[PDB]
A.B. asks: 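Complex under discussion: pemetrexed bound to Proton-coupled folate transporter.
Lettering of chains follows the sequences in order, A, B, ..., and the numbering in each one begins at 1. In each ligand, atom 1 is the first atom listed, and ligand 1 is the first ligand listed.
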Amino acid sequence: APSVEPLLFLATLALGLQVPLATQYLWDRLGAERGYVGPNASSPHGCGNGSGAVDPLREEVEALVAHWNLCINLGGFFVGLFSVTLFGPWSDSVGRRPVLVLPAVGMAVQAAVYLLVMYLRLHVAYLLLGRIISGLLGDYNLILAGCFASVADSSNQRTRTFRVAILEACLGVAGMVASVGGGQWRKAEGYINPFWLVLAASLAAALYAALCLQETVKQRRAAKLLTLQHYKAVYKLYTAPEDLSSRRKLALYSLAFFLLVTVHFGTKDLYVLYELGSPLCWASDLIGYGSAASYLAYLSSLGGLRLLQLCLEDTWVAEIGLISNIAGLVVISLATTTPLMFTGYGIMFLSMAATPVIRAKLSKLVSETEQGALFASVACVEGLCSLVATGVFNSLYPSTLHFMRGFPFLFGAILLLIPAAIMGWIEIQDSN
Amino acid sequence: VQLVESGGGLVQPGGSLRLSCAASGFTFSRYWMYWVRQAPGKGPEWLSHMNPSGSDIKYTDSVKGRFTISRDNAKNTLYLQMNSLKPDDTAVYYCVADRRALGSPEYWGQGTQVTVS
Ligand SMILES: Nc1nc(=O)c2c(CCc3ccc(C(=O)N[C@@H](CCC(=O)O)C(=O)O)cc3)c[nH]c2[nH]1
């Protein structure tokens with residue numbers, strides 16, 4: 001009955017508690033299979049950790065784990081690409097509730113498959129089967145698309161920015177809880193039992209969506225699935241329609257959103273893997289503080305977003321948000337000490353106030369009956385951003401490690417010079 | 001945080017060297033404990049490891065049935081006795097300490113010299 005915000009909380013808790021556990025099991029099984037009994041992290045760096053000599057077997061197991069994560073993520077992304085673009089456009093024609101019930105069920109099934117693989121110490125290729133099965137029903141991306149569309153169907157033009165911000169603040173709060181609860185359950189007496197919370201969270205999400213969610217499509221027509229008009233419903237969303245030159249703005253905004261979330265996704269990973277480097281050498285608690293402060297920008301940019309709107313338009317708010325990201329990443333990439341790193345986290349407090357604005361403006365452009373299609377395409381873009389961010393940034397960091405550590409953050413900050421320019425050029429051009 | 005080891009030395013082939021890892025600076029009841037060596041002119045050769053309790057003991061087949069890890073948490077020392085030592089064993093044995101998690105640091109010990117001959 002109440003609303004859709006709890007669904008995203010419960011669904012993001014699943015990802016946050018799932019990805020580290022899944023890769024930890026990958027480490028365990030792949031290492032033990034190759035006769036390697038050592039730490040299940042990557043190679044360390046500095047602070048008297050060894051001699052610097054390469055660990056040929058540890059590097060082999062690390063590469064195998066990365067390759068398997070790549071395989072399962074890529075397979076999941078393709079099945080999700082072919083599924084969400086068919087389940088979104090349909091959602092805006094039958095109701096948001098079924099298209100939110102289905103992916104939660106898929107995630108519960110995926111968590112159950114993962115549990116069954118861990119308890120039986122099964123092969124690691126079988127983890128691909130669970131991800132593929134969940135992808136068919138629409139992955140976590142379809143949950144995101146359904147939630148965002150459901151919000152965009154219950155808010156004016158002059159409110160979608162704030163409503164989307166509220167939803168993404170719930171997303172960030174779920175992420176922070178997942179990360180800081182994993183940092184104490186996964187680490188302490190964990191890696192198997194904490195995965196029960198993933199199944200519990202997904203079961204709760206499905207139950208809340210089915211029996212406690214109130215649909216937002218005020219008129220749900222009757223439409224058949226496997227129609228081909230849900231794939232045509234994004235081609236005749238981006239290419240032919242909207243003829244009053246509102247077609248360029250869609251592409252430019254989509255590109256800006258792509259770049260923005262790519263950088264966000266890459267920099268989170270490099271945060272966690274770079275905090276414990278050579279000149280910083282952070283303890284176990286300081287890393288938890290860093291993760292909490294990284295995920296606290298979600299709910300602290302919301303306060304500014306609502307506060308900034310009273311004086312500046314909905315674009316310049318995102319311009320200042322991008323400036324805050326740029327400043328934070330620049331001062332993090334030069335953070336050769338822990339006061340500097342924490343200041344770097346602190347400056348990024350209006351950091352994730354830009355993404356909400358972008359998707360809200362994307363929604364304000366499409367008709368009232370096409371938010372399903374729009375957010376299906378945006379969810380596909382976000383999945384591709386996940387993949388590319390992981391690949392590019394995890395390949396960049398080791399290369400610029402003995403040359404200038406922190407160039408990943410510097411280059412991420414150079415990337416956001418493009419979204420800021422794009423959004424500013426669009427906003428300047430409307431007014432003239 | 002510091003881990004200090006003292007069991008090395010010049011022992012004959014077939015001796016019974018007994019390393020201790022007198023750890024402190026942290027809890028040690030919540031930390032996985034490893035062992036590793038850097039043979040002369042070569043790379044790390046991870047030997048064994050043991051979960052915070054003493055139930056998940058794993059070895060490597062080069063040292064299976066010949067190295068016997070142990071820990072005593074009321075004293076905070078990690079052992080690894082070495083029966084039937086061989087000239088291929090001489091190395092600098094380190095004593096790692098991880099939480100068995102990705103976002104956790106590992107604390108390499110100083111490591112002592114075993115000079116089997
Ligand atoms: N703006 C925004 N902020 C977010 O935090 C967020 C999130 C959850 C956090 C998140 C999501 C995906 C990835 C990622 O890159 N890959 C996933 C893989 C997914 C899977 O395997 O199921 C991962 O966590 O590894 C990394 C982090 C989802 N959508 C989001 N949107």
A.B. asks: Looking at pemetrexed, which other chains have a heavy atom under 4.0 Å from it, would you say?
C.D. replies: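 Other chains in heavy-atom contact: A.
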A.B. asks: Tell me which UniProt H(+)-binding residues in chain A have a heavy atom less than 4.0 Å from pemetrexed.
C.D. replies: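 A heavy atom under 4.0 Å occurs in these UniProt residues: A:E168.
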A.B. asks: Identify the transmembrane segments of chain A, in UniProt order from the N terminus, that have a heavy atom under 4.0 Å from pemetrexed, or say none.
C.D. replies: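 From the N terminus in UniProt order, heavy-atom contact shows up in 1, 2, 4, 5, 7, 8, 11.
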A.B. asks: Just want to see if pemetrexed lands near the annotated pocket: which residues UniProt lists as binding pemetrexed in chain A have a heavy atom under 4.0 Å from it?
C.D. replies: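 Those UniProt residues with a heavy atom under the cut-off: A:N73, A:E168, A:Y298, A:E382, A:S386.
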A.B. asks: What makes up the binding site of pemetrexed if contacts are defined by heavy atoms under 4.0 Å?
C.D. replies: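 On a heavy-atom basis, the binding site is A:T12, A:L15, A:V19, A:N73, A:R131, A:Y140, A:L144, A:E168, A:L171, A:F265, A:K268, A:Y298, A:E382, A:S386.
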